Amino acid sequence: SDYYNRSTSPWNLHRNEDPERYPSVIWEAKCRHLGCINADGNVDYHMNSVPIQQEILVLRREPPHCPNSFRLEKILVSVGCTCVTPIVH
Amino acid sequence: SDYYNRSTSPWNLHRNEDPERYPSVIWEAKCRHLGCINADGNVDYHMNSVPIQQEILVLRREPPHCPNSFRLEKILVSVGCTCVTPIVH
Amino acid sequence: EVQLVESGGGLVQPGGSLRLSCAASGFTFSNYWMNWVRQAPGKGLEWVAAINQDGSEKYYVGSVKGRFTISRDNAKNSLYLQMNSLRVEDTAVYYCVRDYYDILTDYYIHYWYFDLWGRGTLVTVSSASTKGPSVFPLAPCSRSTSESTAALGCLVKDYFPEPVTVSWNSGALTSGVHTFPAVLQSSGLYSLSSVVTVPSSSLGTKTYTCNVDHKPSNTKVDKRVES
Amino acid sequence: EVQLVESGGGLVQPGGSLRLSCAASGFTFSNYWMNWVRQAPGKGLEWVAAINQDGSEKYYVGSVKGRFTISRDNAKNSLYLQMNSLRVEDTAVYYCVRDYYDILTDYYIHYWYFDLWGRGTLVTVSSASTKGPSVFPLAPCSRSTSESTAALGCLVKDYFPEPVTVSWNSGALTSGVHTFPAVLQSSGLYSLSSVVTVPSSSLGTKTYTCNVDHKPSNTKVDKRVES
Amino acid sequence: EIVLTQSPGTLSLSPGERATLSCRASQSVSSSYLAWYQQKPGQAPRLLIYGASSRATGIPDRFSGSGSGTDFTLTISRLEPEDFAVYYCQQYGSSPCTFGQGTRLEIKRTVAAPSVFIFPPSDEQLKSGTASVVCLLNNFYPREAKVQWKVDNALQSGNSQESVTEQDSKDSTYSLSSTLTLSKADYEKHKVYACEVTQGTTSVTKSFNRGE
Amino acid sequence: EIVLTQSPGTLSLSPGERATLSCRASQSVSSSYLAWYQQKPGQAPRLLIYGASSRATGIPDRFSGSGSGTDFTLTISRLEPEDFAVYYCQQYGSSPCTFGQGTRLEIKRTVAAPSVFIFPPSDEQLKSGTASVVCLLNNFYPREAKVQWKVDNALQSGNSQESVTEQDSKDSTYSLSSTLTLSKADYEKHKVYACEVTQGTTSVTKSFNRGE
């Protein structure tokens, strides 16, 4: 979905694959601005764009260079920005 | 992080584990309101709270009731809401 | 051939409900965002609600919070507006509209402007009951002498809701006929006038009849104005 | 003992830079959100910036967009404000403040109010060079007769920036001494007055000296007022 | 919420002339996302200009768009009869989308005096306890005109309502209905009912005596 | 952005009395997230009330908080000398946090007339080409007073500046410096310099002749 471009806190996606890291298809979400884009399309700095991060499971060989069964490692990946305020409403 | 409560588009989390589904620790993010909470703490309905969804890998036995190696199935999970507008800024 | 057909208007009491329906003929409905834009009789244009391609998103004007509900049916190629707890200020002509979209590469770009509109339906929110029109003849104090060009008319007083359609001599008399926009009296009922100016030599030969058609009340008054 | 100590004030030219520092003594700094709140000489309180516990979030007032930068160092228990391209309107006393937090269950609740403040530093943005004060004696046209209670003073004219500290007879004369707030002249320089009203019988016995201390210019004027 | 103010409220020009329409925004309209719509009485709006300067599909060359930020202009260089309608501007750069209050483009022509007619109420309505005196002002220009009822010479106020037709397709004039509304008991106590129309210097007065 | 307006601009009351301070919000302040701060001249603010009605740690019982939505009140029931300071309200329900412009609580007492003194410029300053005539208004009440310089009887304007002390810790009066500022060439052409103070009916005038 095109939420990345139409959100108040828009984000850009950055694909990656380290020599041993699997899967290859992982687009890391990075916030466009410090502030948020108000209804008038301007950036307001009394609000902040923050990336929502998810703890999940990714494929990794140990010992390396193996095309079989092994133990999978940890992965910390931001998947989308949101607009926060210092106030708990 | 407490972004879920301090975001303009706040969300509630809903934990689950189906009889065969693994891992047990999966909190599904659900949006609190249709509209977004403006700077003044009010809901504005010319903006919408949308859940950011992530396509990822989850543990599943086939044939069922097996504590060994098998093929893992598909999982569609919303991890956090964001505030959208019909305008592409 | 690409069209939008509204339906669902009509008189409602303060506190009531209505459901407007819009038939989107001649184009692939699923591709566009749709909106409801209202216009109070005489006043300007005002956005009411908006809806995503699949209904994933529903945007609303502040005044209609939890009272109105936009909805669609891409299979039945239709758009609907559920109007609950209607207030008098909701009296307006509602238009369903199509939102211009563009495609730069493989990305859909929605723009909040309306390249296609419908004919719109009139929603009236009032306590006044439906009243058929009391039709009267507009005739000079006395035919004799007066002038060479006589005026003749129909006073369509105390009707509700709108509209009436006036016609002269079963629509044969079209030339120099003036049907005036209706004015809402202090009683909450409309009154209006249709006038015709004919050669005063024609009176005593030709008869002059006006055809007041009030479809909201299935009333039809056919009145003969005599000098 | 829980304190906040600002430093980094001082005269700056229009277009300049400064970095305010705030030492947060007597409490675990990492637990609180911090803010910079300014107060123009005489005017009211105004929020400048805010900062998250770890600096993950930096909030700013519209007027300081891309000119000011809040930052912290939980290890060096300090808060900083990087003030770039300073405009005259930035002239103010800046306070660093601690944001009240609560804990209901296992959830930290930040509130945007300030349970602890610092002494604040004065930032002056002007083109005027530092000028030491020209100190003059305020004495009655003639001692003789005049009255029984004489007034004596010091006119501290044409100094920049602020502040001066006036004292009488090495701070021995405190009773019935009035040092007036400074007024910024049309030249962009401050002038002020310190006055003392002494029994006119004391003149000709006691000497009266005022101690004008201008620390921004390391000047110190000690003036003897003679009747 | 962006507030669009259009100037003038109504513009009287003659075909061949250049119409210059203004839309002033209360705040800077993002990426010059401004549209202009045309609206003829009884019909539904039509898109003309998008992105402040781009002409929509089918729109003739004579329609022009200008503007950026807060001030936006719509220009129709050489006016044609089918261009005389109401004009709304709409912004789509700020949420929610807001429209201008409108500016109607009227067909300015030679002054014409109405052909004033006064119709008394009917004996049909009289038995229903109410009297209605209508005055018609037939085919006139410009729209402005002042009707003032007079009953036994006394000037009336608070007891009248009027309505005006749209601009005539052929002669570009205006017609005007005016209704005085009294009780049967009232009407039956006075003999002179006069409808007084005033255009500029002139003051035409059609009338009748109750018993005539 | 919520705009907090406090009333009055300044409040003159005597210890023992009840002070009633007002904070009016331009918009409804979320979950009554309103704080009140006290500020004595030269010192930094101090938190008094939070959540519109709750007293902060250490704050005495005499301090009271009331309000919800747009109207908020701070009340000090039985005034003590240490309560006479500036008072700001601050909201933390809308982003960004905004403060009230302030309301100072002044120690209202018996009227006192100043002890007017006029000091001429020194011959030290005279050689520097500038003349400065200072008038002091020693210990007076209330703050309001009108000084008006007079040179060779002619009333002066546009050439003076004044300053007022804070309220005296002991006697609750006010002192006032006033400076006339002329060229040496000007001063050297006139003989009478008068400083005129006006409190209510009375108009005290201290003066001097240039050659005295």
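Naming: A, B, ... by sequence-line order, numbering from 1 per chain. All values below were derived from every heavy atom in this structure, side-chain atoms included, with hydrogens, water molecules and symmetry-related copies excluded. According to its header, this structure was worked out by X-ray crystallography, 3.0 Å.
- By contact count, the main macromolecule holding chains D and F here is known in UniProt as Interleukin-17A.
- Per PDB records, the drug at chains D and F is named secukinumab.
- At a heavy-atom cut-off of 4.5 Å, other chains contacting secukinumab (chains D and F): A, B.
- Every residue of chain A having a heavy atom under 4.5 Å from secukinumab (chains D and F) is listed here: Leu34(A), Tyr45(A), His46(A), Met47(A), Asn48(A), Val50(A), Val84(A), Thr85(A), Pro86(A), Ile87(A), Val88(A), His89(A).
- The residues of antibody secukinumab (chains D and F) having a heavy atom within 4.5 Å of chain A are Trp33(D), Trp47(D), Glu57(D), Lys58(D), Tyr59(D), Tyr60(D), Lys65(D), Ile109(D), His110(D), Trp112(D), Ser30(F), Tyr33(F), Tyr92(F), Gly93(F), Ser94(F), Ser95(F), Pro96(F).
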